[PDB]
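Residues displayed in chain A correspond, in order, to the PDB entry positions 30-270. Atoms within a ligand are numbered from 1 in the order they appear, just like the ligands themselves.
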Amino acid sequence: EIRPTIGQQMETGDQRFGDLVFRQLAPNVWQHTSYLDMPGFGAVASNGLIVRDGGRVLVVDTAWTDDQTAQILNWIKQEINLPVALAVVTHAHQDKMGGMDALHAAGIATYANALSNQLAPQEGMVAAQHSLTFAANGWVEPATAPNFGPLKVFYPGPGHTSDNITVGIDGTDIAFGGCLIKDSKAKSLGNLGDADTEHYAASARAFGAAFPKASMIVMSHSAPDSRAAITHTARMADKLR
Ligand SMILES: CC1(C)S[C@H]([C@H](NC(=O)[C@H](N)c2ccccc2)C(=O)O)N[C@H]1C(=O)O
Ligand SMILES: [O-]
Ligand SMILES: [Zn+2]
Ligand SMILES: [Zn+2]
């Protein structure tokens, strides 16, 4: 099996499919995990979500690469056998947006923060085809997120990057923090190279306040955790100021 250098390991409840791992989180929600092999370091796991909404599927984040993202679509075809309506990607870095071309080739409508689309070319990424915009309190402008079903998109403020967004899954107790949120036992906040160290703590807390009843917090590089992931992330971020 795949034993990443960074990221959660495989546990009971995980399905290996090609080069990826899938884990059911709820009747209608699965976590996708893909792995970047770094020469001399090993594999770095990155997680996103797959959500069934009636007769259609919604995706949060690509895999690291186009081929891995095509494998996600193949898993969906095999295990769910319903079309992917749209994908939302949570900022312009390779773990979240590296597979855009595979989504586009498949005819899937793609959405990202307008700022992520603006940064994408600068980051070696392909922009999403549609831009999300946000209110002053972080909630997505509904006209920019048409037919999103249970996906509730929230921009918490600058943190891991200035463009990072988060997604709650309405009708569940799950919320997705992407790379903004690290697990409750993490020793670091990960890559702070593009981070806003002044605002990170407030942004992490704003994510918590946006989804105050989410009990399962999903994130990019660890297994789903309790709300202690949010509070621990914010406490680490307090030390940056
Ligand atoms: C896992 C990370 C340390 S790397 C990843 C991201 N970096 C990339 O996607 C880079 N393309 C990359 C370069 C070299 C090795 C691994 C990733 C970032 O800068 O936020 N997210 C970071 C994070 O979530 O803290
Ligand atoms: O990232
Ligand atoms: Zn990032
Ligand atoms: Zn990351």
Asks: Identify the main binding partner of ligand 1 here and report its name as listed in the PDB entry.
Replies: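 Main partner, per contacts: Metallo-beta-lactamase type 2.
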Asks: I'm curious - which drug did they put at ligand 1?
Replies: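 It's recorded as ampicillin (open form).
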Asks: If you have a sec, work out which protein heavy atom is nearest atom 13 (C) of ampicillin (open form, ligand 1) and how many Å separate them, to one decimal?
Replies: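 Of the protein heavy atoms, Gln123 OE1, 4.7 Å lies nearest.
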Asks: How far is atom 16 (C) of ampicillin (open form, ligand 1) from its nearest protein heavy atom, and which residue and atom name does that atom have?
Replies: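 The closest heavy atom on the protein side is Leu65 CD2, 3.6 Å.
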Asks: Cross the UniProt Zn(2+)-binding annotation of chain A with the residues having a heavy atom under 4.0 Å from ampicillin (open form, ligand 1), and give the overlap.
Replies: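 The overlap, by heavy atom and UniProt annotation, is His122, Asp124, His189, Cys208, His250.
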Asks: Which residue holds the protein heavy atom closest to atom 23 (C) of ampicillin (open form, ligand 1), what is that atom called, and what is the gap in Å?
Replies: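 Here the nearest protein heavy atom works out to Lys211 NZ, 3.4 Å.
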Asks: In the protein, what heavy atom is nearest to atom 18 (C) of ampicillin (open form, ligand 1), and what distance, to one decimal place, separates them?
Replies: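 For this ligand atom, the closest protein heavy atom is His122 ND1, 3.3 Å.
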Asks: Show which other ligands and ions come under 4.0 Å from ampicillin (open form, ligand 1).
Replies: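 Nearby: ligand 2 (hydroxide ion), ligand 3 (zinc ion), ligand 4 (zinc ion).
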Asks: Which UniProt substrate-binding residues in chain A are reached by ampicillin (open form, ligand 1), meaning they have a heavy atom under 4.0 Å away?
Replies: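 Of the UniProt substrate binders, heavy-atom contact within 4.0 Å holds for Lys211, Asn220.
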Asks: Taking distance alone, with no angle check, do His250 and ampicillin (open form, ligand 1) share an N/O pair under 3.5 Å?
Replies: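 Yes, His250 has an N/O under 3.5 Å of an N/O on ampicillin (open form, ligand 1).
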Asks: For atom 7 (N) of ampicillin (open form, ligand 1), decide whether some protein heavy-atom distance is shorter than 4.0 Å.
Replies: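 There is no protein heavy atom less than 4.0 Å from atom 7 (N) of ampicillin (open form, ligand 1).
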Asks: Among the heavy atoms of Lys125, does any lie under 4.0 Å from an atom of ampicillin (open form, ligand 1)?
Replies: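 It does not, in that no heavy atom of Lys125 comes within the 4.0 Å cut-off of ampicillin (open form, ligand 1).
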Asks: Of the listed options (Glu152, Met67, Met154), which comes nearest to atom 15 (C) of ampicillin (open form, ligand 1) when hydrogens are ignored and any heavy atom counts?
Replies: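 Going through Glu152, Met67, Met154 one by one, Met67 has the nearest heavy atom to atom 15 (C) of ampicillin (open form, ligand 1).
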Asks: Which ampicillin (open form, ligand 1) atoms does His189 reach within 4.0 Å, using its non-hydrogen atoms?
Replies: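 Atoms satisfying the 4.0 Å criterion: 20 (O), 23 (C), 24 (O), 25 (O).
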Asks: Name the organism the PDB gives as the source of chain A.
Replies: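 The entry records the organism as Klebsiella pneumoniae.
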Asks: Below 4.0 Å from ampicillin (open form, ligand 1): does a non-hydrogen atom of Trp93 turn up there or not?
Replies: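 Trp93: in contact with ampicillin (open form, ligand 1) (<4.0 Å).
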Asks: Heavy-atom contacts under 4.0 Å between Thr190 and ampicillin (open form, ligand 1): side chain, backbone, both, or neither?
Replies: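 The answer is neither.
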Asks: If you take every non-hydrogen atom within 4.0 Å of ampicillin (open form, ligand 1), which residues does that pick out?
Replies: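 Heavy atoms within 4.0 Å: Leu65, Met67, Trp93, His122, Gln123, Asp124, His189, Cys208, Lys211, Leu218, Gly219, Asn220, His250.
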